Protein chains: 2
Amino acid sequence: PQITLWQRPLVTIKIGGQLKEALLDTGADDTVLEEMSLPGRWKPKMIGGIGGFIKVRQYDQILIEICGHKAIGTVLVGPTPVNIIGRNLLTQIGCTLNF
Amino acid sequence: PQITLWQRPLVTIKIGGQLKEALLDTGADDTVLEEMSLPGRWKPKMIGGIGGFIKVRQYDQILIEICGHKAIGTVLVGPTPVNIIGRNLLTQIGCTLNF
Ligand SMILES: COC(=O)N[C@H](C(=O)N[C@@H](Cc1ccccc1)[C@@H](O)CN(Cc1ccc(-c2ccccn2)cc1)NC(=O)[C@@H](NC(=O)OC)C(C)(C)C)C(C)(C)C
C-alpha cells in the first residue's frame, strides 16, 4: 500500500497473539512496543529518543504481522508512549520512502 | 527519489542560508533541528518523545529546501540529538511510504 503522511501512518499489527496499532517510523532504528505480554526470554536494554533514555526488554526472533506482511526480528517492550515499528522491521516488509 | 530503509534516511537540507543533514521521520508530527541560528521571532514551546520532553523555539513560515525541494512551514529549534524533518514538511515535498 502507498501511504501519504497527512495523518499518522498507523498500521494494524499482530504480535504475541494480540492485535495492536503501531506507527511506521522511518526515524526509528528499533521497534518499540508498550507494555504487553510476550513469551520467552529477554535481555535488558536502554534506548534513546528525544527527551532521554528509556529502559526496555529486548526480545529477538519475534514474529510480527504488519498490515498482513510477516517479519521476524527484535522487538523492544517498555514505557514508550506509542507503539513504534522501526527500520529493523520496515526493511523486511519492503517499505520505502518516496518523493 | 525512492529511498530504502537499510540505512537512516538522511538528506541534505538548506535552511537559514546554511547546510545540514536531516532525518526523514514519518514518526515525527513536527520538524526539529539542533541549535542553529535563525532570523526572526519565535515562541517557547514544549515537545515530547521517547525519553521525555524538550523545550524548543518555534518558528512559523520558515523556508527549507529538502533534497532540492522547497517547503515553508514551522521549524522548531532546540536540544535534539539529530535534525528531524517531520510530517508537517514531508507532506509538502510529496513524500510517501510504500510497501
Ligand atoms: C537511534 O535512536 C532512535 O532511533 N530513537 C528512536 C526515536 O526516538 N526516534 C524519533 C527520532 C529520534 C531518533 C534518534 C534520536 C532522537 C530522536 C522519531 O522517529 C520517532 N518519534 C517517536 C515518538 C512518537 C510520539 C511520542 C510521544 C511522546 C510523548 C507523548 C506523546 N507522544 C514519542 C516518540 N518521535 C518523536 O520523538 C517526535 N514526537 C512526536 O511526534 O510526538 C507526537 C518528535 C521528534 C517530534 C519529538 C526510538 C527511541 C523510537 C527507537
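Below, chains carry the letters A, B, ... as their sequence lines are ordered, and counting in each starts from 1. Heavy atoms only: backbone and side chains are in, while hydrogens, waters and symmetry mates are out. Just follow the structure's listing: the first ligand is 1, and inside any ligand the first atom is 1.
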**Student:** Counting heavy-atom pairs within 4.5 Å, which chain has the most contacts with ligand 1, and what does the PDB entry call it?
**Tutor:** HIV-1 Protease
**Student:** Looking at ligand 1, what drug do you see?
**Tutor:** atazanavir
**Student:** Are any other chains within heavy-atom reach of atazanavir at under 4.0 Å, and if so which?
**Tutor:** A, B
**Student:** Which protein non-hydrogen atom lies closest to atom 31 (C) of atazanavir, naming both residue and atom, and how far is it?
**Tutor:** A:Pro81 CB, 4.1 Å
**Student:** Which species is recorded as the source of chain B in this PDB entry?
**Tutor:** Human immunodeficiency virus 1
**Student:** So is B:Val32 polar-close to atazanavir, meaning N/O to N/O under 3.5 Å?
**Tutor:** no
**Student:** Check for me whether A:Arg87 has a heavy atom closer than 4.0 Å to any atom of atazanavir.
**Tutor:** no
**Student:** In atazanavir, which numbered atoms sit nearer than 4.0 Å to a non-hydrogen atom of A:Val82?
**Tutor:** 24 (C), 25 (C)
**Student:** Does even one non-hydrogen atom of A:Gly48 get within less than 4.0 Å of atazanavir?
**Tutor:** yes
**Student:** For atom 45 (C) of atazanavir, what's the nearest protein heavy-atom neighbour? Residue, atom name and distance, please.
**Tutor:** B:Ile84 CD1, 3.7 Å
**Student:** What residue and atom, counting heavy atoms only, is the protein's closest point to atom 37 (O) of atazanavir, and at what distance?
**Tutor:** B:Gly49 CA, 3.4 Å
**Student:** Specify the protein heavy atom at minimum distance from atom 10 (C) of atazanavir: its residue, its atom name, and the distance to 0.1 Å.
**Tutor:** A:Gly27 O, 3.7 Å
**Student:** What protein heavy atom sits nearest atom 20 (C) of atazanavir, and how far away is it?
**Tutor:** A:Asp25 OD2, 2.8 Å
**Student:** Give the atom numbers and elements of atazanavir that come within less than 4.0 Å of a heavy atom of A:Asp29.
**Tutor:** 1 (C), 4 (O)
**Student:** Which atazanavir atoms are under 4.0 Å away from a heavy-atom of B:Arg8?
**Tutor:** 1 (C)
**Student:** So which protein heavy atom does atom 17 (C) of atazanavir come closest to, and at what separation?
**Tutor:** A:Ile50 N, 3.9 Å
**Student:** List the residues forming the binding site of atazanavir, heavy atoms under 4.0 Å.
**Tutor:** A:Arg8, A:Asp25, A:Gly27, A:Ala28, A:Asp29, A:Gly48, A:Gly49, A:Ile50, A:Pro81, A:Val82, A:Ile84, B:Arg8, B:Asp25, B:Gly27, B:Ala28, B:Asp29, B:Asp30, B:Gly48, B:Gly49, B:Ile50, B:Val82, B:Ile84
